[PDB]
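The following structure holds benzbromarone.
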Amino acid sequence: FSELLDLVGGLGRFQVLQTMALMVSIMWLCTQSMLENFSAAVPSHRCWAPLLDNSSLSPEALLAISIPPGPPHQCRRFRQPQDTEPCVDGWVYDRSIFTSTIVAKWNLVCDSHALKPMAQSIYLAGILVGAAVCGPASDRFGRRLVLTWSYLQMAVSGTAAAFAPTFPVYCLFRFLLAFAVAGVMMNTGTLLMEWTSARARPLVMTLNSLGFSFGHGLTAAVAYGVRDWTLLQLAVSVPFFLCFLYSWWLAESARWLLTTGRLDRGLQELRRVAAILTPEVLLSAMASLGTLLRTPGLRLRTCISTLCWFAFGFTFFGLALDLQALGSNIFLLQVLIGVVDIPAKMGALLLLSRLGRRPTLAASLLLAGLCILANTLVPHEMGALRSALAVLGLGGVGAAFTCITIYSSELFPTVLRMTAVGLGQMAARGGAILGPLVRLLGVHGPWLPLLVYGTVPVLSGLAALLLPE
Ligand SMILES: CCc1oc2ccccc2c1C(=O)c1cc(Br)c(O)c(Br)c1
């Protein structure tokens, strides 16, 4: 089929336009994923005290004689002004930064604090389900078709979540949104790979990753503009209506059409792509998980690659989804994640050729994990150092993702390569699901979630030294 790609052009105006459009879509998809740390940012909250909120003393004195001291206690109040009782009358939140939030809306604080990470997990669960369902669908129905329907579902579910009346409805529609983002991601990747020459595959993968890198800054900018969770979610999910509208101009994969037997439709598609070669030419021109697991020589490589994918997913979605614990200024941290991923991913791609492939991946994972451990080790007062170290850790885990994406392909033969990549992606999605869950260990101590997030990638990088090349 590569001969047909060369005949049409392989790389050119069409490929660059498609890559730019899909990169914008991926930027908005990253905004959808990472919006939760702005639309669910826990504000400073305290029990609604009658004396503070009437239903002469300075406000400090009133807050001292109404709310007991805490590690001011955020979920207890004195029975009478100065015996403590829970927030009988509800909570009062600090709206200096964020005017509204899901935490502030459904009181996902203390007794129900777990509902905040749990919701995130549900979102990250949907992706794992979406990849499971949108995977075969793209192989049964067109890849561009599944991409278009994924865009539509993302837009609709994002709007519905932005207008969710109760918490379960919000969780359900975020699950549906994740189900759709899984399809968007998979079909964007497949469409990029299936329209560019085999030489440029690492380049297109790196550009796809830079899509998320830019999406980080896009999320920061949009959150800075919009401080209301409803309006934030609505604004983030609105552009997917336009994505759905213009996805019809994307060229469906000619490889898929030719392989499945749509010779005439694929011929028309590839002629259209070449414009921006008789049917006989195309006619002449044109590995289950059990097999991969059964081979005894690939057990170690399979396990180590899967562990690396899982480490990336777990660490990245356990850290990037809670940036308030990593630093102080959440908007600046969100910007810095992308601003460091760009150079980090470029440098990873650079060292993937001269320093090696296994050493680069191992060094990236070890640096990310050690930066996370140092961030949880340094004093809390030294906030700038903690923020910088967390930014470096996220940059390192992104670089490790680039390394593993470009590396796990070569680790397996041309026949088991797709199966190994799919297994790695599923492991990464499962790790992402587990990511937010381990934040529930923060009750035992805020240091423990970061200890886990640091000791996972460090161990994965240590085990990545056992790979062949
Ligand atoms: C570059 C890694 C990354 O950065 C993000 C920012 C916001 C939301 C999701 C991501 C995200 C992914 O989940 C991801 C997971 C797999 Br597996 C891939 O093959 C690709 Br491509 C991207």
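By the numbers in the PDB entry, the shown part of chain A spans 3-57, 66-81, 85-95, 112-305, 315-324, 335-517. All heavy atoms count here, side chains included; hydrogens, waters and symmetry mates do not. Atoms within a ligand are numbered from 1 in the order they appear, just like the ligands themselves.
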Main binding partner of benzbromarone (ligand 1) (name per UniProt) | Solute carrier family 22 member 12
Give, by chain and number, every residue with a heavy atom within 4.0 Å of benzbromarone (ligand 1).
-> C32, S35, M36, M214, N237, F241, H245, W357, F360, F364, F365, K393, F449, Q473
Write down the organism the PDB entry assigns to chain A.
-> Homo sapiens
Using a heavy-atom cut-off of 4.0 Å, list the transmembrane segments of chain A in contact with benzbromarone (ligand 1), numbered from the N terminus as UniProt does.
-> 4, 5, 7, 8, 10, 11
